[PDB]
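Structure first, commentary second.
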Amino acid sequence: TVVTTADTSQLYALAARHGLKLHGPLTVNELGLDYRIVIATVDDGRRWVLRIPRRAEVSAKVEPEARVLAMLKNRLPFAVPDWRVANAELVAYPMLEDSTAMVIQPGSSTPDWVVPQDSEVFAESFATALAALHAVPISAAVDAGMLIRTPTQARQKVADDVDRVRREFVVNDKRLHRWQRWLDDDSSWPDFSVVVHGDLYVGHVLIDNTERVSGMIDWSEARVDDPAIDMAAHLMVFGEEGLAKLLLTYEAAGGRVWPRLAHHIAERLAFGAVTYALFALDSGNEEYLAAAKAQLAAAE
Ligand SMILES: CC[C@H]1OC(=O)[C@H](C)[C@@H](O[C@H]2C[C@@](C)(OC)[C@@H](O)[C@H](C)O2)[C@H](C)[C@@H](O[C@@H]2O[C@H](C)C[C@H](N(C)C)[C@H]2O)[C@](C)(O)C[C@@H](C)C(=O)[C@H](C)[C@@H](O)[C@]1(C)O
Ligand SMILES: Nc1nc2c(ncn2[C@@H]2O[C@H](COP(=O)(O)OP(=O)(O)O)[C@@H](O)[C@H]2O)c(=O)[nH]1
């Protein structure tokens, strides 16, 4: 025979226990630390995504995310995963066939492609899609059992993350002072929270072949929190010019802004170093830790 990375027999058995009959081509991404991701063909002729929790601690997150997606489905003018299977040993949904807004080969550090800076259709539709998401009523999030952070709680969470990094790592003095000045800068912080995606960047946005936003995936970090969380990666990828365009259209679409929002987003992006370091720490992966320590010690 031929050795293949996927164990088709075990995958078939797992899927069949949950009412899904695999038949035909599949592909497997084993690089995730929490889930194995398989895109498999099913007997409905469709591709489905199998998100397979690796451990009990990951399994525990399935039911709450399922409640999130259940709530969001009718409340967003774009598609989200339809978890027709959602349990501790398997999440499965029909694949949303539209491409992600960035394409990258598994394992690679460099994308093959990212939706272009000058794509006006992408820019405008991402901005309106984001305004739509952030318009989801807080009451709907509460009814769905979501994690809720008031503005005070949102700021406390950032402080807590910073302090956890300070306990576990040695951080460049100026970097640390940057975060502390931000945490102390009342004018930077919003006086409201919204439903956020929590892990939003081009890799988690789906686009149709005109480059119009058509969906968003991987909602595991969704919660009610600081709106700027969902804008940091847009600044990283599309720069200050892209951010300026985003904010004008977001506001025009009914998105709530505040005067120092652009500044706050830049500080949130800087804070990404904390997020990465805590991910590294929690992963126990020596390569991620090496990268994190290096970044933290470095002057920005
Ligand atoms: C452009 C293309 C690149 O995308 C990014 O720059 C975006 C903009 C990051 O988000 C930025 C921006 C932001 C806000 O996240 C959206 C911030 O939190 C993170 C740390 O960095 C992403 C996604 C980060 O991932 C996130 O890292 C988190 C620690 C966990 C999070 N997730 C699994 C829970 C995960 O998605 C992270 C580290 O770069 C992924 C690793 C693998 C990369 O090095 C890959 C190769 C990236 O360079 C990239 C795909 O090529
Ligand atoms: N086009 C498309 N890609 C998907 C879909 N579901 C998963 N993917 C891809 O699979 C990758 C990993 O899935 P993801 O849910 O992000 O796993 P996680 O990062 O561990 O949470 C994503 O980054 C996408 O590239 C989908 O419905 N449509």
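Numbering, chain A: per the PDB entry, residues 2-301 in sequence. Just so you know, ligand 1 is whichever comes first in the structure, and atom 1 is the first atom listed for that ligand. Quick note: numbers below take in every heavy atom, side chains included, and nothing from hydrogens, waters or symmetry partners. We read in the header that X-ray crystallography, 1.6 Å was used to get this structure.
- In this PDB structure, the PDB entry names the chief binding partner of ligand 1 as Macrolide 2'-phosphotransferase.
- Drug at ligand 1 (options: zosurabalpin, cadazolid, Taxotere, netupitant, erythromycin): erythromycin.
- For atom 20 (C) of erythromycin, the nearest non-hydrogen atom of the protein is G273 O, 3.8 Å.
- Ranking protein heavy atoms by distance to atom 13 (C) of erythromycin, first place goes to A234 CB, 4.8 Å.
- If you check which protein heavy atom lies closest to atom 32 (N) of erythromycin, you get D200 OD2, 2.9 Å.
- The protein heavy atom nearest to atom 48 (O) of erythromycin is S110 O, 4.3 Å.
- In this structure, atom 34 (C) of erythromycin has a protein heavy-atom contact shorter than 4.0 Å.
- Note on erythromycin: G204 sits outside its first shell, no heavy atom being nearer than 4.0 Å.
- Heavy-atom contacts of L201 reach the following atoms of erythromycin: 16 (C) (cutoff under 4.0 Å).
- Among protein heavy atoms, the minimum distance from atom 21 (O) of erythromycin is reached at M237 SD, 4.9 Å.
- Looking only at heavy atoms of the protein, atom 4 (O) of erythromycin is closest to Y202 CE1, 3.7 Å.
- The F280 neighbourhood of erythromycin comprises atoms 29 (C), 30 (C), with distances under 4.0 Å to a heavy atom of that residue.
- Under a 4.0 Å non-hydrogen cut-off, the residues that form the binding site of erythromycin are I105, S110, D200, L201, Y202, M237, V238, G273, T276, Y277, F280.
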Identify all N/O pairs between erythromycin and the protein with a separation under 3.5 Å and present them as a table of atom names and distances.
residue	atom	partner	partner atom	Å
erythromycin	32 (N)	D200	OD2	2.9
erythromycin	36 (O)	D200	OD1	2.9
erythromycin	36 (O)	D200	OD2	3.1

